[PDB]
Novice: 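Got a PDB entry here containing S-pomalidomide. Few questions.
Chain naming is simple here: A for the first sequence line, B for the second, and so on down. Residues 321-343, 360-426, in that order, are what chain A shows, numbered as in the PDB entry. Numbering, chain B: per the PDB entry, residues 321-343, 360-427 in sequence. For chain C, we keep the numbers from the PDB entry: what you see runs 321-343, 360-426, in order. Only this structure's heavy atoms are used, side chains among them; waters, hydrogens and symmetry mates stay out. In each ligand, atom 1 is the first atom listed, and ligand 1 is the first ligand listed. Recorded method for this deposit: X-ray crystallography, 2.0 Å.
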Amino acid sequence: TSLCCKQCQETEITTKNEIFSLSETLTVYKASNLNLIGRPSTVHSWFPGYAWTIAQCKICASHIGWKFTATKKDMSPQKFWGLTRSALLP
Amino acid sequence: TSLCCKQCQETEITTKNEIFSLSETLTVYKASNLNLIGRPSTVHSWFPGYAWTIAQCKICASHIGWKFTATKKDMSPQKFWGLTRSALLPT
Amino acid sequence: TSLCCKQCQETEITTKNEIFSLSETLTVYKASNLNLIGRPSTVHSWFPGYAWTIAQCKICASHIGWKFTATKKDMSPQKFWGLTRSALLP
Ligand SMILES: Nc1cccc2c1C(=O)N([C@H]1CCC(=O)NC1=O)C2=O
Ligand SMILES: Nc1cccc2c1C(=O)N([C@H]1CCC(=O)NC1=O)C2=O
Ligand SMILES: Nc1cccc2c1C(=O)N([C@H]1CCC(=O)NC1=O)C2=O
Ligand SMILES: [Zn+2]
Ligand SMILES: [Zn+2]
Ligand SMILES: [Zn+2]
């Protein structure tokens, strides 16, 4: 089930069990081993109602995707990860 | 694994991966594409120690279930979803 | 998929769907029916950057594992559980 950082190979980022459908970019409820770079922005957000924060592998700093955070409290999930599929192995 | 709103058929509300057993009403750790109506209440809560908030499909406003939030910090999960099985497709 | 408290048998603590790899002790994103005892500590933490809180079964008080809580905001997950495998069935 593991989806690992493609660059450093060994580092698990998420699992297929975390995949969900909100409507290239995999959306998952939970992820691991990522560092958040900077502050959320809503500029060009692919998911209306959410802001994005760059997320990179904590081991090799590969840009894997973004943490998406809801701007309104009545939305669900309040946060998820949108991950570039080609930056993950399997 | 997708569990969709029975009414609008398009909208995924949770997945079989998210099901867990707290103890008609499916309980899941995580859900999607729900709007929360109102503020939490504990009155007649089906899960003692948790407050509920009505949760409806964001597309068709069909009442799918409730978001349950823990009233005490030492409980696990601190939040979950109780979904009406008859309001979702697959079974 | 259910992993139940071995002692009281009937209480589910987590499911295989919740297992992930942060790298005897199973790590899962989500768990249920556990009571937390005391306050977080980083003393001897098995997971640098996380503090631990003892977690016991809400029904039989068997010690199942620990809740791990991030000491910094930019970590993912912000929390998880580490559960003693021999304290669970399947
Ligand atoms: N490569 C660049 C370069 C400039 C601006 C953006 C990107 C980029 O990937 N995104 C994403 C961030 C994530 C998102 O939701 N929408 C975007 O357009 C930008 O805003
Ligand atoms: N249809 C009605 C009408 C009045 C009050 C409630 C309901 C209802 O479904 N619940 C639920 C909310 C969720 C819960 O935990 N227990 C309930 O009885 C009510 O409190
Ligand atoms: N049985 C004892 C006795 C004293 C201290 C600890 C333990 C114990 O199991 N842990 C764990 C807590 C969880 C952890 O992260 N590291 C540990 O060493 C202790 O700190
Ligand atoms: Zn990496
Ligand atoms: Zn709907
Ligand atoms: Zn037990």
Novice: Identify all ligands or chains assigned to S-pomalidomide.
Specialist: ligands 1, 2 and 3
Novice: Any idea which macromolecule S-pomalidomide (ligand 3) contacts most in this entry, and what UniProt calls it?
Specialist: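 Per UniProt, the chief partner is Protein cereblon.
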Novice: Using a heavy-atom cut-off of 4.0 Å, list the other chains contacting S-pomalidomide (ligand 3).
Specialist: C
Novice: Can you report which non-hydrogen protein atom sits closest to atom 10 (N) of S-pomalidomide (ligand 3), along with the distance?
Specialist: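 Minimum-distance protein heavy atom for atom 10 (N) of S-pomalidomide (ligand 3) reads C/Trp382 CZ2, 4.5 Å.
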Novice: Going by heavy atoms, is C/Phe404 under 4.0 Å from S-pomalidomide (ligand 3)?
Specialist: yes
Novice: Where, in terms of UniProt domains, do most residues of chain C that contact S-pomalidomide (ligand 3) sit?
Specialist: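 UniProt domain: cult.
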Novice: Where does the entry attach S-pomalidomide (ligand 3) by a covalent bond, in terms of residue name, number and atom?
Specialist: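 The covalent attachment is absent.
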Novice: Quick check, please: with a 4.0 Å heavy-atom cut-off, which UniProt (S)-thalidomide-binding residues in chain C are near S-pomalidomide (ligand 3)?
Specialist: C/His380, C/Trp382, C/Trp388
Novice: Does the protein put a heavy atom less than 4.0 Å from atom 16 (N) of S-pomalidomide (ligand 3)?
Specialist: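 Given the 4.0 Å cut-off, atom 16 (N) of S-pomalidomide (ligand 3) counts as touching protein heavy atoms.
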Novice: Number the atoms of S-pomalidomide (ligand 3) from 1 as they appear, then name those within less than 4.0 Å of a heavy atom of C/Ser381, with their elements.
Specialist: 15 (O)
Novice: Give the source organism of chain C as listed in the PDB entry.
Specialist: Mus musculus
Novice: Tell me which UniProt Zn(2+)-binding residues in chain C have a heavy atom less than 4.0 Å from S-pomalidomide (ligand 3).
Specialist: none
Novice: Right, does atom 2 (C) of S-pomalidomide (ligand 3) have protein non-hydrogen atoms nearer than 4.0 Å?
Specialist: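 No; the ligand atom in question lacks any protein heavy-atom contact below 4.0 Å.
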Novice: When you measure from atom 8 (C) of S-pomalidomide (ligand 3) to the protein, is at least one non-hydrogen atom found at a distance under 4.0 Å?
Specialist: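 There is no protein heavy atom less than 4.0 Å from atom 8 (C) of S-pomalidomide (ligand 3).
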Novice: Backbone or side chain, does any N or O of C/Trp402 fall under 3.5 Å from an N or O of S-pomalidomide (ligand 3)?
Specialist: no
Novice: For atom 5 (C) of S-pomalidomide (ligand 3), grab the closest protein heavy atom and report residue, atom and distance to one decimal in Å.
Specialist: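 The protein heavy atom lying closest is C/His380 CD2, 5.0 Å.
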Novice: Tell me the protein heavy atom at minimum distance from atom 13 (C) of S-pomalidomide (ligand 3), and give that distance in Å.
Specialist: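 Result: C/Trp388 CG, 3.5 Å.
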Novice: Any idea which residues from other chains are within 4.0 Å of S-pomalidomide (ligand 3), non-hydrogen atoms only?
Specialist: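 Counting heavy atoms, it is made of C/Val379, C/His380, C/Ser381, C/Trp382, C/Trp388, C/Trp402, C/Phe404.
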Novice: Pairs of nitrogen or oxygen atoms, one from S-pomalidomide (ligand 3) and one from the protein, closer than 3.5 Å: please tabulate them with distances.
Specialist:
{"from": "S-pomalidomide (ligand 3)", "atom 1": "15 (O)", "to": "C/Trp382", "atom 2": "N", "distance (Å)": "2.9"}
{"from": "S-pomalidomide (ligand 3)", "atom 1": "16 (N)", "to": "C/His380", "atom 2": "O", "distance (Å)": "2.9"}
{"from": "S-pomalidomide (ligand 3)", "atom 1": "16 (N)", "to": "C/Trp382", "atom 2": "NE1", "distance (Å)": "3.3"}
{"from": "S-pomalidomide (ligand 3)", "atom 1": "18 (O)", "to": "C/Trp382", "atom 2": "NE1", "distance (Å)": "3.3"}

